[PDB]
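Each chain gets a letter, A, B and so on, in the order its sequence line appears, and its residues count up from 1. Only a selected region of the deposited structure appears here, and contacts were counted within that region alone. In each ligand, atom 1 is the first atom listed, and ligand 1 is the first ligand listed. Side-chain atoms are counted along with the backbone in the values below, which use heavy atoms only and exclude waters and symmetry mates.
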Amino acid sequence: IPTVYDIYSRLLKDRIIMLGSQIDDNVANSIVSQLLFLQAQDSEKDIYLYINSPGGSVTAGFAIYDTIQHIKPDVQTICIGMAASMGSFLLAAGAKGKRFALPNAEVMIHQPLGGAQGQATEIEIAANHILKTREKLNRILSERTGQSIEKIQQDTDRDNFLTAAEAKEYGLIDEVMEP
Amino acid sequence: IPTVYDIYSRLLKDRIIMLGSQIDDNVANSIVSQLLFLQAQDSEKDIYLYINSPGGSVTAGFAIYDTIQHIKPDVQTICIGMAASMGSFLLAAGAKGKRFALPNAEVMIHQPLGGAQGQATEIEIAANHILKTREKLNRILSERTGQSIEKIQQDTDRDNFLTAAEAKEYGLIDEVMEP
Amino acid sequence: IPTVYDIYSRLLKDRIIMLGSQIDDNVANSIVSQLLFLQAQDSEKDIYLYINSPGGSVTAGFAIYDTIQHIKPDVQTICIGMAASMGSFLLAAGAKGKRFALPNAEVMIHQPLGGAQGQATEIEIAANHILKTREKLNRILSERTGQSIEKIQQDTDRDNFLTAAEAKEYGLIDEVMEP
Amino acid sequence: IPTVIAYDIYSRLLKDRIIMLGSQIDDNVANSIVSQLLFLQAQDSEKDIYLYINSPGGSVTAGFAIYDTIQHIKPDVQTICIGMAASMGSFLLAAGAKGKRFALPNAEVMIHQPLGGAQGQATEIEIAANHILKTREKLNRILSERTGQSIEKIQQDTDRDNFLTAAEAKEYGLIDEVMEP
Amino acid sequence: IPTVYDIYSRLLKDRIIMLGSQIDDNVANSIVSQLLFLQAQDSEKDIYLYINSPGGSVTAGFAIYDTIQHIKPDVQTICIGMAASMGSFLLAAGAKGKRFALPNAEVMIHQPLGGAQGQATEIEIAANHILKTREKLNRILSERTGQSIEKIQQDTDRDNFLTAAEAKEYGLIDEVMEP
Amino acid sequence: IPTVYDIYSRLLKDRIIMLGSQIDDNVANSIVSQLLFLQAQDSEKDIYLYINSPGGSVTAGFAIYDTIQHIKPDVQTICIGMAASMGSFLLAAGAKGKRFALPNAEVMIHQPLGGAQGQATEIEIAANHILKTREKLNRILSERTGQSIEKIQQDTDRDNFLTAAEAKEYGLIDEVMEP
Amino acid sequence: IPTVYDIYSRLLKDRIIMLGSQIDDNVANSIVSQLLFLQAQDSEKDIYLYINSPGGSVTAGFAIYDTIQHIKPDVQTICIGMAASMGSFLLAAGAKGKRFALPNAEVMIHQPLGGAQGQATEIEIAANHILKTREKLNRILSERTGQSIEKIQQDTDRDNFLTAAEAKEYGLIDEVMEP
Amino acid sequence: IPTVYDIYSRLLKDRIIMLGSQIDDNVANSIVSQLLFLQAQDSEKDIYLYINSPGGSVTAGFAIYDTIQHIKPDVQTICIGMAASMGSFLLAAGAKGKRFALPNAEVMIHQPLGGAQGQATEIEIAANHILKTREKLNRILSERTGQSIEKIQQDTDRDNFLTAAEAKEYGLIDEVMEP
Amino acid sequence: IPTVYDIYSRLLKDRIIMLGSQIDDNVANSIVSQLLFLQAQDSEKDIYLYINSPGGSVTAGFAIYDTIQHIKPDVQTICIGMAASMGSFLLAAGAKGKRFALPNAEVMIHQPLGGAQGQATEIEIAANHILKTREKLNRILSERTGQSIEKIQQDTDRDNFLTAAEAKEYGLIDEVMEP
Amino acid sequence: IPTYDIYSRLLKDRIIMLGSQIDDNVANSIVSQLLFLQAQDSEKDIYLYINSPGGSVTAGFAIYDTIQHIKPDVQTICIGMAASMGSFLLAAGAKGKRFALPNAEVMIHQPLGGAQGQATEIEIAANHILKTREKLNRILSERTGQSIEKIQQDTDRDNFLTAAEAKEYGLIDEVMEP
Ligand SMILES: *[B]([O])([O])[C]([C][C]([C])[C])[N]C(=O)[C][N]C(=O)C1=[C]C(Cl)=[C][C]=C1Cl
Ligand SMILES: *[B]([O])([O])[C]([C][C]([C])[C])[N]C(=O)[C][N]C(=O)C1=[C]C(Cl)=[C][C]=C1Cl
Ligand SMILES: *[B]([O])([O])[C]([C][C]([C])[C])[N]C(=O)[C][N]C(=O)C1=[C]C(Cl)=[C][C]=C1Cl
Ligand SMILES: *[B]([O])([O])[C]([C][C]([C])[C])[N]C(=O)[C][N]C(=O)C1=[C]C(Cl)=[C][C]=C1Cl
Ligand SMILES: *[B]([O])([O])[C]([C][C]([C])[C])[N]C(=O)[C][N]C(=O)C1=[C]C(Cl)=[C][C]=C1Cl
Ligand SMILES: *[B]([O])([O])[C]([C][C]([C])[C])[N]C(=O)[C][N]C(=O)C1=[C]C(Cl)=[C][C]=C1Cl
Ligand SMILES: *[B]([O])([O])[C]([C][C]([C])[C])[N]C(=O)[C][N]C(=O)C1=[C]C(Cl)=[C][C]=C1Cl
Ligand SMILES: *[B]([O])([O])[C]([C][C]([C])[C])[N]C(=O)[C][N]C(=O)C1=[C]C(Cl)=[C][C]=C1Cl
Ligand SMILES: *[B]([O])([O])[C]([C][C]([C])[C])[N]C(=O)[C][N]C(=O)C1=[C]C(Cl)=[C][C]=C1Cl
Ligand SMILES: *[B]([O])([O])[C]([C][C]([C])[C])[N]C(=O)[C][N]C(=O)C1=[C]C(Cl)=[C][C]=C1Cl
């Protein structure tokens with residue numbers, strides 16, 4: 001809200017992006033646009049992505065994820081408060097070695113959620129889709145954390161809360177940022 | 001509504017059951033109860049089940065279906081107006097040779113419909129359930145009509161409307177009742 | 001509402017059925033049940049069906065129509081107030097020579113109405129269904145009135161209101177009942 | 001609501017050939033009134049029927065189901081307005097056997113033109129307009145016959161809501177007598 | 001609610017009518033019907049009308065009022081609890097000398113209330129109607145109470161609450177019924 | 001709905017109880033009352049409990065369950081349509097050897113569901129309660145089916161649908177009732 | 001949301017258009033206006049259209065589609081997150097050789113959806129319209145992908161989800177943009 | 001939405017007006033104001049009116065139509081996406097020879113729609129009004145297309161969809177703008 | 001909506017006021033303020049008031065009307081689209097000789113509309129008010145048009161639609177502005 | 001509301017106003033203001049005024065961990081009410097620089113939440129919120145000097161404290177007199 005530029009525009013000048021909400025299509029379109037703009041300004045300097053998010057749309061999250069992996073600058077990820085669901089997926093997506101959480105930040109991982117209505121045939125199509133989406137997410141999370149796909153699958157069957165230290169041990173982040 | 005007994009109680013005295021609504025658990029509980037009662041009164045005399053129904057719950061319909069096949073009396077089925085979805089399934093369930101439709105009655109067959117909300121795992125469970133339910137329905141309908149399961153599957157992919165004459169050719173009924 | 005039996009049960013004792021509402025599945029189930037009961041009581045005496053109805057479901061109306069043509073007794077139809085849409089179709093369905101309207105009663109004929117929502121394929125299925133239903137209705141109305149199918153089609157494209165005298169000239173009734 | 005020795009109060013009065021029209025006139029009300037008229041005639045085709053009318057009006061076609069049944073059956077139907085006969089209620093009041101149409105002294109009668117609605121294409125609005133205008137002509141012609149007023153006077157006097165005292169209703173020809181105590 | 005007949009049917013056997021609600025068309029229909037029935041049973045014995053009512057429709061109240069004045073039996077009126085607006089008008093309408101209130105019963109008189117919506121011309125018609133209705137009510141109340149029309153007009157401009165004793169002094173009742 | 005007694009009262013005369021709805025406190029109150037009454041009429045003759053139910057309240061179901069085990073008569077259970085959740089628990093509760101399902105009836109088992117809201121302390125109390133309730137249900141189901149508690153726990157983690165034949169192999173019923 | 005110009009206005013300076021929402025008339029009016037403006041600024045430099053969209057109105061999508069094909073500059077299309085329904089149609093509409101998806105982006109194709117209410121005649125008109133619209137879409141998609149119209153028809157009967165790699169095989173895009 | 005001026009203000013600098021929504025009084029006020037302003041800036045240079053509109057108010061559309069015919073500059077009309085109802089009327093209103101549609105744009109023509117409530121007299125007034133409005137529209141459309149008034153009347157009785165090529169053959173536009 | 005100033009502010013620079021909506025208190029306050037401002041800028045140059053309005057509040061309209069008659073500059077009125085009810089009253093209020101309508105613009109005149117709810121006395125007060133307001137409007141309209149008050153009264157009893165040419169012959173405008 | 005807006009003008013003097021419930025948007029703004037103030041000057045004190053009924057635990061921890069992360073001392077000043085997570089953040093200011101005005105109110109209590117679904121899911125939610133309560137109690141114990149046992153007992157129900165009681169408790173260091 002405050003003016004200095006608004007406060008977030010002022011931090012964007014220093015290559016800081018604030019992801020502080022649910023991840024929907026509008027949020028992703030803004031974050032992607034900020035990433036593309038920061039890269040056009042300087043393709044060498046690190047970007048800093050702060051993440052306080054309960055999660056959101058899988059496809060919106062993948063728009064952000066693929067943009068992070070596409071652009072030349074390293075994107076550091078810093079979890080403050082909560083990175084849950086697609087929020088923890090994006091936290092794990094930062095440049096390897098530059099993924100952080102503050103000491104009391106919380107990380108939560110779980111499987112995708114959705115809904116389906118209609119004919120048996122359509123419910124089948126929706127089920128196959130969301131199951132294939134879960135496999136895609138598990139494969140990527142396996143690669144970013146070093147855990148096996150089997151372990152990822154087991155650990156996301158239900159809501160799984162992790163402390164910052166547990167998130168580091170898991171491979172979701174690299175360091176807990178001490179004061 | 002009118003009194004003679006109410007009009008439907010008066011027809012139940014003559015072993016006539018009127019199924020004239022959507023099939024839910026309360027409707028099934030009444031129809032099943034009327035079938036059990038008619039059998040306890042006389043285990044040999046035919047029962048007459050008039051069907052004007054847009055369909056309804058698969059399990060409620062199977063409560064009626066299995067009761068028809070369980071009891072000793074033959075249950076004749078007479079379609080007036082419309083037998084759609086589970087209504088056409090119950091029409092096909094009458095005693096072989098005693099399944100009828102009036103000349104302008106309409107029959108409609110299609111696949112089950114449902115919904116599923118939650119985790120990928122739960123959507124998978126719901127999808128497998130409704131697909132297995134569709135196979136159960138197709139196998140039984142194949143047995144009652146003489147059509148192959150593959151033909152039943154094709155012919156129910158979308159809403160399939162049949163005239164009374166087409167319903168007889170299909171094997172859903174035995175005779176069109178002429179005036 | 002009043003008691004004598006309720007007033008309609010008292011008239012049913014004299015083989016009078018009152019159709020005084022929209023035609024839905026519950027109304028059709030009651031009327032069909034009253035017709036079957038009157039026939040079981042006496043298969044030769046006339047039945048009298050008074051019709052004051054704005055219309056309703058096509059399949060519910062056909063449950064009544066096919067029952068009229070099925071049973072042995074003649075069913076006289078008497079229009080009081082309004083027979084519109086499926087109400088005028090059932091008025092035309094009485095025993096030939098025994099279809100009446102009171103002098104200020106109104107008759108209205110028009111084409112079926114419906115709705116369709118979903119994929120192009122499903123909208124196509126619904127369109128073919130309602131068009132085939134319109135052809136079925138026109139063919140029957142042509143046979144009951146003596147008008148050609150082409151004329152019926154033309155005269156039902158929009159709401160077409162007829163006086164009792166016009167309804168007699170049209171062939172929808174046989175006589176205007178004078179005082 | 002109350003019960004008499006077993007009858008509800010209206011069923012008890014129907015035994016004496018009294019029908020109570022005490023509500024809006026819709027299809028269910030007309031169905032009941034028509035059924036009571038047919039039943040009273042089947043019981044005795046010669047004795048008068050008494051139709052009390054306290055009604056704000058209602059559906060034109062429902063009212064005509066009642067009107068044509070009154071004119072069809074052999075018994076005379078007396079009409080007695082208590083409280084209000086408005087719109088189709090005043091039309092049915094005027095429909096009683098000539099000489100046997102009454103209102104109590106403080107009863108109110110109101111006459112006006114039909115009301116409706118139309119929605120859709122220009123063509124459909126045209127069809128609905130022609131229908132309701134033809135219905136108004138039908139109502140005016142009948143009311144002209146029942147009251148002795150000209151159709152042009154009926155048309156003028158129903159352009160807007162027109163309230164009449166019982167005495168004015170008698171002078172108009174809508175009733176024959178104000179029933180004094 | 002209780003059965004002894006329901007409780008009100010049992011009191012109707014003793015020529016007691018209970019007016020214990022808002023006066024609308026259904027209430028008036030019932031009260032008028034009870035009055036006509038009591039007169040047909042015995043045209044010479046008094047009727048007792050208990051009144052606990054907040055008022056209601058003017059025309060519904062006049063259906064009751066004119067029926068009271070029409071029938072041969074005297075109708076005593078007994079106010080218990082409250083007779084307000086059209087309720088106090090009907091209380092004043094009992095047989096002169098036989099209008100009562102219990103000692104703590106409340107009587108309220110005021111002018112008619114209504115609404116009008118539409119063209120200036122229609123609002124004018126509605127205004128003239130309700131003003132003429134107020135004059136009719138004042139003239140009758142003047143003759144039942146002995147007060148002048150001017151005084152009635154002045155005393156009903158706003159809600160005017162009266163004790164039972166004040167109602168007797170006003171002429172609305174004849175006696176306060178002591179224990 | 002129909003009268004012969006209503007249809008269910010007529011079957012209660014033959015010691016048949018119809019459980020055809022969701023199990024809440026009113027349903028349990030009625031079923032318990034019917035069981036107590038049937039026992040008071042004859043403490044030696046079998047009772048027949050038909051079950052078509054999606055489930056319901058655990059405590060309402062236990063009111064029925066404990067009443068079944070308390071009374072002297074054997075209670076046969078017959079699944080028609082659907083016995084799900086507490087419905088399948090009550091199906092398994094019939095007299096051993098007298099638990100049935102019709103061939104197309106469906107059985108579903110799963111773990112309890114609930115909600116909790118308030119302070120951490122209150123959420124803890126609610127969690128311990130529902131977990132202890134699940135252990136109680138598993139222990140009883142283990143006794144009634146012969147499966148181990150561990151297997152019951154694994155098989156109820158998610159919605160688990162069983163055919164009638166699968167329900168018999170599981171130990172939930174004793175026989176599939178063939179036609 | 002952020003200011004640098006808003007972030008999207010800043011990217012429009014570099015000939016980047018962000019389509020990140022459902023496609024309705026307002027979205028199309030903006031995109032068309034941005035295309036016309038970019039062409040007026042420079043008729044030879046490429047335009048970049050990022051697409052993250054669940055789809056939307058067919059006619060709104062065709063306003064965008066025909067504008068792309070009208071203007072002189074090549075329009076590259078880049079799918080991030082999701083291009084579904086009309087979104088995947090516009091993705092396929094980019095300059096041939098310049099249609100991209102990021103590796104985890106999702107593409108979905110299916111047939112048009114709509115609704116129709118009214119007379120049989122009007123439902124027929126609406127059905128013919130949406131079927132002709134589907135043929136128009138299939139013909140164009142056939143041209144843009146190289147698949148036959150029959151294959152397009154078969155592959156869009158139900159929701160058909162494609163990975164980026166599958167979308168390239170299909171001909172909807174030319175390249176998956178690797179990091 | 002985007003900034004350069006907003007995108008539409010930037011195109012207005014080049015004498016381009018974007019009509020991309022329903023036509024109501026606010027839309028007409030804006031379009032009329034833009035037309036008057038463009039004429040005041042230069043009374044000779046062409047104006048370009050892009051039309052993507054489902055239609056709207058007849059009087060709002062005539063405010064735009066009469067302003068087009070009043071001002072000195074030619075107004076070219078370009079249909080993108082859909083010009084339906086009053087949208088197709090305004091498309092036909094462009095300077096003769098300068099009325100265009102893009103190849104996949106859709107044109108729809110039909111008769112006016114409205115509603116009327118109240119007294120018979122008021123419904124008559126509303127009916128005469130909308131019928132006279134339809135004649136006014138048909139006369140003008142006849143003049144702009146070269147079709148007879150009777151053909152216009154027949155072709156607008158129901159929703160009539162036209163391709164761009166059909167719209168040119170009809171006389172609603174002069175050219176389909178090829179790429 | 002568009003910027004050049006917004007489009008309406010740009011036209012206000014040329015002494016053009018756009019009345020393109022319902023007339024309520026906020027609209028009147030703005031129009032009055034624009035009139036006062038234009039007069040303060042130049043007390044001799046004409047003002048141009050475009051009117052496309054369905055009408056609105058009588059007192060809001062009189063705030064505008066009295067301001068027009070108060071200020072020194074002539075106010076030309078130009079009807080585009082529709083001037084109905086208070087909109088046609090303000091159209092008639094322009095400087096005599098400078099009141100215009102475009103050829104297809106519609107003018108409608110009728111009597112005031114309102115509502116009243118409460119005691120008879122209050123309904124009387126409201127009726128007298130709206131009738132006196134109608135007389136005030138008729139007297140002014142009589143002066144502005146040259147028609148007698150009795151003709152104005154007859155011609156406004158119901159909705160009265162006029163073409164531009166009819167409005168000129170009536171005296172509501174002076175000229176139809178041809179192209 | 002008034003005009004910089006009034007809060008932007010105070011941010012120029014390193015004053016942050018936390019005057020609402022603490023949700024994710026509020027935390028994102030406060031965190032952003034803290035990061036910005038530190039980037040402007042990593043030495044000068046920041047002043048955080050707190051009038052808040054509380055809010056989300058994780059949103060509050062985003063603010064809390066940012067306070068402890070940055071180099072500048074963050075003074076906390078309670079005006080009106082610091083309740084629940086608001087009182088937790090008040091206790092989080094630089095030791096010696098935690099204040100309340102004399103009539104300000106402080107309230108402490110345990111976390112609140114909800115859980116719907118299977119027994120297994122209710123168990124997961126219960127363990128989560130209980131572990132969150134332990135985390136909050138441990139931190140509050142360190143910031144106040146009270147034992148974890150005492151914190152647990154004093155937060156079982158809503159516990160209202162005057163400013164003076166809050167100082168005695170260790171939630172603040174000083175009551176700011178006029
Ligand atoms: B989460 O942030 O809650 C989660 C993300 C993954 C990492 C666990 N989000 C969802 O599950 C949201 N669901 C969807 O985007 C979705 C996906 C699919 Cl494939 C189908 C429907 C829905 Cl709604
Ligand atoms: B129909 O009558 O419309 C149809 C029955 C078969 C014969 C096509 N009804 C349904 O499919 C109703 N659906 C279910 O009973 C159902 C609902 C849900 Cl949420 C999940 C599974 C099932 Cl099987
Ligand atoms: B009418 O009573 O208004 C009319 C009947 C015919 C005689 C004109 N009723 C309907 O058209 C109601 N429509 C349907 O019952 C129907 C039929 C079909 Cl085939 C498809 C959809 C619907 Cl909704
Ligand atoms: B009144 O009883 O209120 C009146 C009857 C006549 C005597 C004035 N009722 C109506 O005008 C309404 N009744 C209709 O039957 C009607 C409704 C509609 Cl929407 C259209 C036409 C008709 Cl004719
Ligand atoms: B009272 O019961 O509250 C009162 C009657 C008094 C004056 C005796 N009732 C009403 O005023 C109720 N109003 C009407 O019945 C009415 C009358 C008229 Cl004339 C017009 C409209 C209405 Cl709504
Ligand atoms: B089922 O009938 O759907 C199921 C019981 C099965 C698992 C035997 N029902 C429920 O879980 C319904 N839940 C409760 O009655 C309940 C139980 C407890 Cl212990 C706490 C809360 C609730 Cl809401
Ligand atoms: B999609 O984006 O979901 C889809 C477009 C095609 C490419 C599959 N959208 C629609 O089908 C939306 N439907 C329409 O625009 C439409 C609606 C109606 Cl009622 C009638 C016709 C059409 Cl063409
Ligand atoms: B359309 O754009 O959907 C259509 C335009 C004509 C050219 C086919 N619009 C309408 O018909 C909207 N109707 C009106 O503006 C209108 C006109 C009249 Cl004269 C009376 C009522 C209404 Cl609502
Ligand atoms: B019209 O704009 O629809 C019309 C104005 C006259 C010229 C016909 N509007 C109204 O009548 C709106 N009504 C009022 O402003 C009004 C006036 C009075 Cl006196 C009392 C109540 C109301 Cl609501
Ligand atoms: B308070 O601000 O009201 C309180 C904070 C603590 C210090 C007492 N807030 C809450 O308890 C709000 N609850 C949550 O943030 C929460 C936490 C957990 Cl672990 C689970 C669910 C919820 Cl909703």
Drug identity - ligand 4: ixazomib (bound form)
Main partner chain, ixazomib (bound form, ligand 4), name from the PDB entry: ATP-dependent Clp protease proteolytic subunit
Heavy-atom contacts under 4.0 Å with ixazomib (bound form, ligand 4), by chain: D
Residues within 4.0 Å of ixazomib (bound form, ligand 4) (heavy atoms): D:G57, D:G58, D:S59, D:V60, D:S87, D:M88, D:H112, D:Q113, D:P114, D:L115, D:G116, D:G117, D:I132, D:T135
Nearest neighbour in protein (non-hydrogen) for atom 15 (O) of ixazomib (bound form, ligand 4): D:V60 N, 2.8 Å
Closest protein heavy atom to atom 23 (Cl) of ixazomib (bound form, ligand 4), given as residue, atom name and distance to 0.1 Å: D:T135 CG2, 3.8 Å
Residue and atom, covalent to ixazomib (bound form, ligand 4): D:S87 OG
Atoms in ixazomib (bound form, ligand 4) flagged as close to D:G116, the criterion being non-hydrogen separation under 4.0 Å: 18 (C), 19 (Cl), 20 (C)
Atom 6 (C) of ixazomib (bound form, ligand 4) [closest protein heavy-atom partner, distance rounded to 0.1 Å]: D:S87 OG, 3.5 Å
Organism, chain D, PDB record: Staphylococcus epidermidis
Heavy-atom nearest neighbour in the protein, as seen from atom 11 (O) of ixazomib (bound form, ligand 4), with distance rounded to 0.1 Å: D:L115 N, 2.5 Å
